[PDB]
**Q** 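Structure: Sucrose hydrolase in complex with acarbose.
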Amino acid sequence: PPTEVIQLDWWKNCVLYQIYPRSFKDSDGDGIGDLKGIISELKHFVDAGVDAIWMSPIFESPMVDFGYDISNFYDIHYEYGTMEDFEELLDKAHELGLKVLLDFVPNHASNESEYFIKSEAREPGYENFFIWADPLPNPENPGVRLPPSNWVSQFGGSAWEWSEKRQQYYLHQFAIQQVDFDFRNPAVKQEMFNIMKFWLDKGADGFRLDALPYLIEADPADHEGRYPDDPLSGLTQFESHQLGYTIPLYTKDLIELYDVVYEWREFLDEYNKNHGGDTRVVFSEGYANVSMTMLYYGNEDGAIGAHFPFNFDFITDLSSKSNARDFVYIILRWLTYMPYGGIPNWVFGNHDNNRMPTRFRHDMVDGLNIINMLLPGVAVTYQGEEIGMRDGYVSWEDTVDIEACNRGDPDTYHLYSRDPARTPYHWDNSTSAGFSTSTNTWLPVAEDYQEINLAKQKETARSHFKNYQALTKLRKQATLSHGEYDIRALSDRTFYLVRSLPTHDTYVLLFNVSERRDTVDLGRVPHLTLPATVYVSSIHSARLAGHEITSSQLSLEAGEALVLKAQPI
Amino acid sequence: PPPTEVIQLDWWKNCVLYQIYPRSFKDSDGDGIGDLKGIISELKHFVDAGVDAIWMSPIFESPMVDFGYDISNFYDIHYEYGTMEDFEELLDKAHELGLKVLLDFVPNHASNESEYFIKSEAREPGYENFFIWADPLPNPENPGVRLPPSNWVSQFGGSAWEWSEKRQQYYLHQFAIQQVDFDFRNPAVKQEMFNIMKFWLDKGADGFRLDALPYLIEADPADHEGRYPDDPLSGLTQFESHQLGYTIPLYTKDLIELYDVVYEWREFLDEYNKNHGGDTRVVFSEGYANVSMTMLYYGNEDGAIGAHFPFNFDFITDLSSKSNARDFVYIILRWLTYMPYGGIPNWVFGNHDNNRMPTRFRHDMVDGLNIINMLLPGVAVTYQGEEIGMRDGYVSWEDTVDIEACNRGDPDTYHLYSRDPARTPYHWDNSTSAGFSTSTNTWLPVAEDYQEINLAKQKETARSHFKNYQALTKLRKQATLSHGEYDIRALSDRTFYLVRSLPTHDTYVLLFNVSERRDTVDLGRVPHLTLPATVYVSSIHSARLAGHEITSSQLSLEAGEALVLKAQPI
Ligand SMILES: C[C@H]1O[C@H](O[C@H]2[C@H](O)[C@@H](O)[C@@H](O[C@H]3[C@H](O)[C@@H](O)[C@H](O)O[C@@H]3CO)O[C@@H]2CO)[C@H](O)[C@@H](O)[C@@H]1N[C@H]1C=C(CO)[C@@H](O)[C@H](O)[C@H]1O
Ligand SMILES: C[C@H]1O[C@H](O[C@H]2[C@H](O)[C@@H](O)[C@@H](O[C@H]3[C@H](O)[C@@H](O)[C@H](O)O[C@@H]3CO)O[C@@H]2CO)[C@H](O)[C@@H](O)[C@@H]1N[C@H]1C=C(CO)[C@@H](O)[C@H](O)[C@H]1O
Ligand SMILES: [Ca+2]
Ligand SMILES: [Ca+2]
Ligand SMILES: [Mg+2]
Ligand SMILES: [Mg+2]
Ligand SMILES: [Mg+2]
Ligand SMILES: [Mg+2]
């Protein structure tokens, strides 16, 4: 008789799907994805075996950074719909059993926000809402104004913008139009609680928290009443206006940012205690080194932060250049450094990075989806990974990404532009791939949508989507929710991942990540007794689901991945 | 129940290899210089310690500019160390005691006082192209203003190119001006390297530690329009054109051709072992390089076979007193993740080029580090002094002799470059110069702490570093350490485990608190550990003694505290 397992809180082993609403589904023929479109396809998440959806920003926004420049944190961007459409989405998602998280952008507001307009005007209570600074005293040329410091924006050029009206500089770590809040202002910290409480009370199940490494910068009180310069890098390819010119010592990962995150979690815990129902959660976005990433969870003094910080390792440290030993060594980093009791999470893609099968190879999609689903903890899926969408082609003309428009020309833009990972979702082989009834989509529909689309993959005997479905379903098994893991490379080309749990079925990934065939001794795989049955295979595997592995010698093709189901240990 | 037979491994696959620094081991004759008679007189020390194999830093004829890594005759003994007869007696007594003996082979470069160089500089036939000789770079801006062939920078500071007034050409030195780089594209150089190894194997050497292999080969001018191509600049503004770090060594280090020489050396050594029989003769390579470039020393995808192993310097390069237990796990896993299947793992905690293990880490971590070294799968490497927890010796500017410090250093900075602190004489006892010498005039000053830290004190007192070391080398005879699986994970930011297990044989568990703070851990999390278990070894500061019974699954470990537990078979 198999052991009983204690059920986990929903967020500890959810499949979390990141919707990019502008590119998911257009219900209204403007070539722009919208909330009624998402509502019309909430059944997709259930069919997929997704537990939770996180939307990129849907709040009022001048759309300079497609939603990450928010002018009203309390209302819905008209192009996506209304507050009424948002409440309908929560009702219908909840009725289907889905959790819904919103994208909370605490570092900055649009310069078209009431916060900024009032702060620029020095309205009482808003004067010190953002980071405002006098020019650097220039004794040599009192004639030429100097920025407060050399700090560089993520989207190109000075992080300091002159306001004619206020006769001071404001800080922008992102676009000129994205003004940084003063997180040493208690009125700001209170507004962040107000915003989250507002959406929790509407019924959101939590938040994805944007750009947290950038919350807090050096206090000029600590540097004799000036903003201290960031150290220079030396990289001769970067001039004083180019991102990479500085080391962000005074502008990123300040220890004081984590106190804000712990205060958010305290607020959220108290909210959950006072409301009951499903735990509401925060998942943080932070590209940082391992030490500074893990501090999001909490610290050695018992502080508790985000339910988890996102694990970007499959984006930052793995690619088509990676061999099987790289795959193992990077997988092991989160599992080795994550604090005791922390929930691991795996992210293969997002709206800021190239699509999974473009970073890796077309023949690796199933293997990567299996890694996502079979590792312990939380699987994160970016819109399109479930059908193996590829980066779309976007001309300089069709490019709308502020980062490309700031840092690029028609020769260089592709190095900066996030648009190719933002192309409309492939539903079917109809006009604009079933994304819109209109041919004029906000970004161009990738050329391969006739070949790569959801309806094709539901019709055909073997597909990325059917593999995705079999894997989300496997996550219900006690072996994946509660099982141990063992992971090692068998060669430069192939590794195993074994989930095992006494009295429950053993599950094994074998994945040849290389461009060459590989033959391995399955005798080296712990907890694998043969015969074993193929549960899932790569769409071009010689092995079908149900096929029996009896021989201890296994030849994998380039890209080939198998999940084997073997007898319990 | 009954314990499975294991097939016994070839000696080199699980040896304890001890690196002797001859100049600082034992002075037999009162000149304050360690010598071969000194070594012979303490070969019993290796048997006592449980050392299987000794490797000596260089003992060949040398002007001593780089204390023997500058070799003027590859076929004879440095006079201060002794004679060939002393070397033959060392090999004979070491072998009688069952010890294997390796020699430090320095194939990258020869002394500028070598016959090879004097004949090469004079363009003697057969020697003209023994070294990398290059004309000055043509200077079209001002013709005949002398420019070096390239921007290449020496490992010991300044240009890697030295002007010969006699030959009117530059020669290459990746190391000291006195260390002249051989041309590894000259078949006559490659022949000479087999001649040297054949000579010392014929004397009965059990193999070699190969020096500085990443630097063997540099860019061929024939591939760069007949010049030596500049190495790419770094940008790091603390580094000027004459300072190491100013360049990225793209055309001067880790060239793929170097590995072809290594594989030819292995092919010769396999042929020699096959023709002479007796104990396998081995090569262990020294290469500070990235993981990809390091692992190619074992062999390559085409099936070529290289060094028996490249040294694993991860406990020198990537761990220190700044490391937590998660850093310890993640770095230990790097070699085991990246090493090719069939490869023998190895663990180096120190050498004569780095700060001593207790100085890099902390004085209360010595036993924990020696346990790691002995309990990880494969080969344990010990540097002279680590078996008694020797700390770095104080060495003044005035007493500093390391060429790296004399070239790159000044009175205020010498401490940044000098390797001398890790080369101070070995602490035998609390007699004059710690029993290293009967003379108080030692070639480097004896460390101030020898009264506190010496072999004899540690052999007499009930608990010591050396007693722990003995217990750990004895444990390596156990099937579980030779043949067992491993499992390693961090229980906290402070404490990790390493479990060696093998069905029907005892289970051994390291628990190590690498932090400066007490940690409490749940032993229930430790795989293959059933309580009660017996403490087999403890840190000298541990409240637990060998023979102590662990019964509680809750375990408090003090800062630096390590335990090896002996648990029932799985
Ligand atoms: C847009 C995004 O920008 C920042 O993150 C950037 C890194 O700063 C940048 O270095 C780069 O990181 C790559 C790294 O250079 C490379 O060596 C490694 O192999 O891979 C890394 C990842 O590709 O790109 C990342 C993004 O992928 C911030 O840290 C993020 O906060 C930020 N994302 C947020 C913030 C904003 C502003 O509101 C939005 O524009 C964005 O869409 C949102 O998700
Ligand atoms: C002396 C030794 O020099 C070279 O190795 C050096 C590295 O080049 C140097 O960068 C440094 O590496 C450290 C690295 O900087 C640091 O960030 C990392 O954390 O720690 C590294 C190790 O401390 O130090 C190493 C030396 O420890 C060569 O690669 C070696 O081949 C060379 N040793 C050989 C060669 C010679 C010349 O014959 C002898 O002088 C030396 O005694 C011998 O062992
Ligand atoms: Ca900020
Ligand atoms: Ca060389
Ligand atoms: Mg629309
Ligand atoms: Mg002597
Ligand atoms: Mg050094
Ligand atoms: Mg196991």
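By convention in this document, chain letters (A, B, ...) are assigned in the order of the sequence lines, proteins followed by strands, and residues within each chain are numbered from 1. All values below come from the heavy atoms of this structure, side chains included, with hydrogens, waters and symmetry mates left out. Counting starts at 1 for both ligands and their atoms, following the listed order.
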**Q** In terms of chains or ligands, where should one look for acarbose?
**A**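 That would be ligands 1 and 2.
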**Q** What are the letters of the other chains with a heavy atom below 4.0 Å from acarbose (ligand 2)?
**A** B
**Q** Which chain residues come within 4.0 Å of acarbose (ligand 2), judged by heavy atoms?
**A** B:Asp66, B:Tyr69, B:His109, B:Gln155, B:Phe156, B:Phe175, B:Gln179, B:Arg209, B:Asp211, B:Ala212, B:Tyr215, B:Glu286, B:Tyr288, B:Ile316, B:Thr317, B:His352, B:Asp353, B:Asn354, B:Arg419, B:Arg423
**Q** Going by the atom numbers of acarbose (ligand 2), which of them fall below 4.0 Å from some non-hydrogen atom of B:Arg209?
**A**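 This gives 43 (C), 44 (O) as the contact atoms.
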**Q** Would B:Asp66 count as being in polar contact with acarbose (ligand 2), using the rule that some N or O on each side must be under 3.5 angstrom apart?
**A** yes
**Q** Any N/O of B:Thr317 closer than 3.5 Å to an N/O of acarbose (ligand 2)?
**A** yes
**Q** Look up atom 39 (C) of acarbose (ligand 2) and tell me if a protein heavy atom lies less than 4.0 Å from it?
**A**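 For atom 39 (C) of acarbose (ligand 2) the answer is yes, since some protein heavy atom falls inside 4.0 Å.
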**Q** B:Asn354 versus acarbose (ligand 2): do any nitrogen or oxygen atoms come within less than 3.5 Å of each other?
**A** yes
**Q** To which protein heavy atom is atom 44 (O) of acarbose (ligand 2) closest, and what is the distance rounded to 0.1 Å?
**A** B:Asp353 OD2, 2.5 Å
**Q** Please state which protein non-hydrogen atom is closest to atom 3 (O) of acarbose (ligand 2) and give its distance, to 0.1 Å?
**A**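 Here the closest protein heavy atom is B:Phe175 CE2, 4.2 Å.
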**Q** Quick one: look up the protein heavy atom nearest atom 6 (C) of acarbose (ligand 2) and list residue, atom name and how far away it is.
**A** B:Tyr288 CD1, 4.4 Å
**Q** What lies under 4.0 Å from acarbose (ligand 2), among the other ligands and ions?
**A**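 I count none.
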**Q** Nearest protein heavy atom to atom 32 (C) of acarbose (ligand 2), by residue and atom, and its distance?
**A**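 Protein heavy atom with the smallest distance to atom 32 (C) of acarbose (ligand 2): B:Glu286 OE2, 3.6 Å.
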